[PDB]
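Carbonic anhydrase 2 bound by brinzolamide.
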Amino acid sequence: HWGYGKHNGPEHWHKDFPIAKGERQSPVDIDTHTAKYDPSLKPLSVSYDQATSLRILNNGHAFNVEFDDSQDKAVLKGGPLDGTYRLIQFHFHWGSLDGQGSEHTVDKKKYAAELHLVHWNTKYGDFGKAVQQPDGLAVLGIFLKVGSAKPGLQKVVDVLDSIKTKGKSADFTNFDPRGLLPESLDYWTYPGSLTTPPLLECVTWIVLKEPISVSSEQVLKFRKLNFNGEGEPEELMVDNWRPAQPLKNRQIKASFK
Ligand SMILES: CCN[C@H]1CN(CCCOC)S(=O)(=O)c2sc(S(N)(=O)=O)cc21
Ligand SMILES: [Zn+2]
């Protein structure tokens, strides 16, 4: 099965998921000089005050914090989006060293990690239907760099010991994802795909310009997780990122000058 190892990593995915070589694959490098300011873009609207977290889960590829998306509790709108998209989960991608970890890069710069807040377009009724549509998901991507601690990340970091191995989950209620946002909502946007199998081309990517800072100790705890299940040989969960894919016939738009 697919993973991030030498024998089942990104370079092999196309054999089971041929869309891996498709026309709107993610992630990509954001060339800041070629991206165009688009004054018709509207500000993002992130309304997370009513967000309800339920659970955190190690799924063998990352850890997901899952939310109740049975109603409009935590939603994203505005920007390039038409309609209302509901927050269903967030997760991270990270590296074995501070100089790598992000999926998107900026002028070829790699960050230590990348946060993905996954939202689905409510006009399609459920998440499973939304992924089959060109405008089905909106993912908010936020870069992490190593510096000062991010306080609002700490509750996530402290539960990681209870979900060390694949398939473990733990209750994770009353977590406020607002504590993971940077100060500015300036963004780049382009049409793309899931960055993991099944690699569906269903995503409107919204990547924030401003990284958040986390501490070395915070990221160190991400790297203590395992890809494997309990009682299998230990493999540290690190470098769970897909490299940049060709931009092809796409323009990246910027919300800011
Ligand atoms: C371990 C798989 N994670 C995937 C799959 N997901 C489910 C697909 C089921 O339906 C076919 S998902 O939409 O929640 C989502 S969003 C991203 S990313 N990295 O933000 O582009 C990856 C995923
Ligand atoms: Zn992701």
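Per the PDB entry, chain A residues shown: 4-125, 127-261, in order. Per deposition record, X-ray crystallography, 2.0 Å. All values below come from the heavy atoms of this structure, side chains included, with hydrogens, waters and symmetry mates left out. Whatever order the structure lists them in is the order used to number ligands and atoms, beginning at 1.
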Quiz item: Across the whole structure, where does one find brinzolamide?
Solution: ligand 1
Quiz item: Taking heavy atoms under 4.0 Å, what residues and nucleotides bind brinzolamide (ligand 1)?
Solution: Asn62, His64, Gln92, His94, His96, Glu106, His119, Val121, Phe131, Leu141, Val143, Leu198, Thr199, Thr200, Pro202, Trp209
Exercise. Give the numbers and elements of all brinzolamide (ligand 1) atoms closer than 4.0 Å to a heavy atom of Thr200.
Key: 2 (C), 3 (N), 4 (C), 22 (C), 23 (C)
Quiz item: Which atoms of brinzolamide (ligand 1) have any heavy atom of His64 under 4.0 Å away?
Solution: 1 (C)
Practice problem: Give the numbers and elements of all brinzolamide (ligand 1) atoms closer than 4.0 Å to a heavy atom of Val121. | Solution: 16 (S)
Practice problem: Report, in ascending order of atom number, the atoms of brinzolamide (ligand 1) lying under 4.0 Å from any heavy atom of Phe131. | Solution: 7 (C), 12 (S), 13 (O), 14 (O)
Self-check item: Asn62 neighbourhood, listing brinzolamide (ligand 1) atoms whose heavy-atom distance to it stays under 4.0 Å
Solution: 1 (C)
Quiz item: The entry lists a source organism for chain A; which one?
Solution: Homo sapiens
Quiz item: Which UniProt-annotated domain of chain A makes up the bulk of the interface with brinzolamide (ligand 1)?
Solution: Alpha-carbonic anhydrase
Quiz prompt | Heavy atom of the protein closest to atom 17 (C) of brinzolamide (ligand 1) (residue, atom name, distance) | solution = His94 CE1, 3.8 Å
Quiz prompt | Contacting atoms of brinzolamide (ligand 1), where contact means under 4.0 angstrom from a heavy atom of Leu198 | solution = 13 (O), 15 (C), 16 (S), 21 (O)
Quiz item: Which residues carry both labels: UniProt substrate-binding in chain A, and heavy atom within 4.0 Å of brinzolamide (ligand 1)?
Solution: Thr199, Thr200
Practice problem: Check the UniProt Zn(2+)-binding residues of chain A and list those with any heavy atom under 4.0 Å from brinzolamide (ligand 1). | Solution: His94, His96, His119
Self-check item: Enumerated brinzolamide (ligand 1) atoms positioned under 4.0 Å from heavy atoms of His119
Solution: 18 (S), 19 (N), 20 (O)
Quiz prompt | Protein residue, atom and distance nearest to atom 19 (N) of brinzolamide (ligand 1), heavy-atom basis | solution = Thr199 OG1, 2.6 Å
Quiz prompt | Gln92-brinzolamide (ligand 1) polar pair, N/O distance under 3.5 Å | solution = yes
Quiz item: Using a strict cut-off of 4.0 Å, what other ligands or ions are found near brinzolamide (ligand 1)?
Solution: ligand 2 (zinc ion)
Practice problem: Heavy-atom contacts with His96 under 4.0 Å: which atoms of brinzolamide (ligand 1) show up? List them by number with element. | Solution: 19 (N)
Exercise. Determine the minimal heavy-atom distance from brinzolamide (ligand 1) to the UniProt active-site residues of chain A, naming the nearest residue; round to 1 Å.
Key: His64, 4 Å
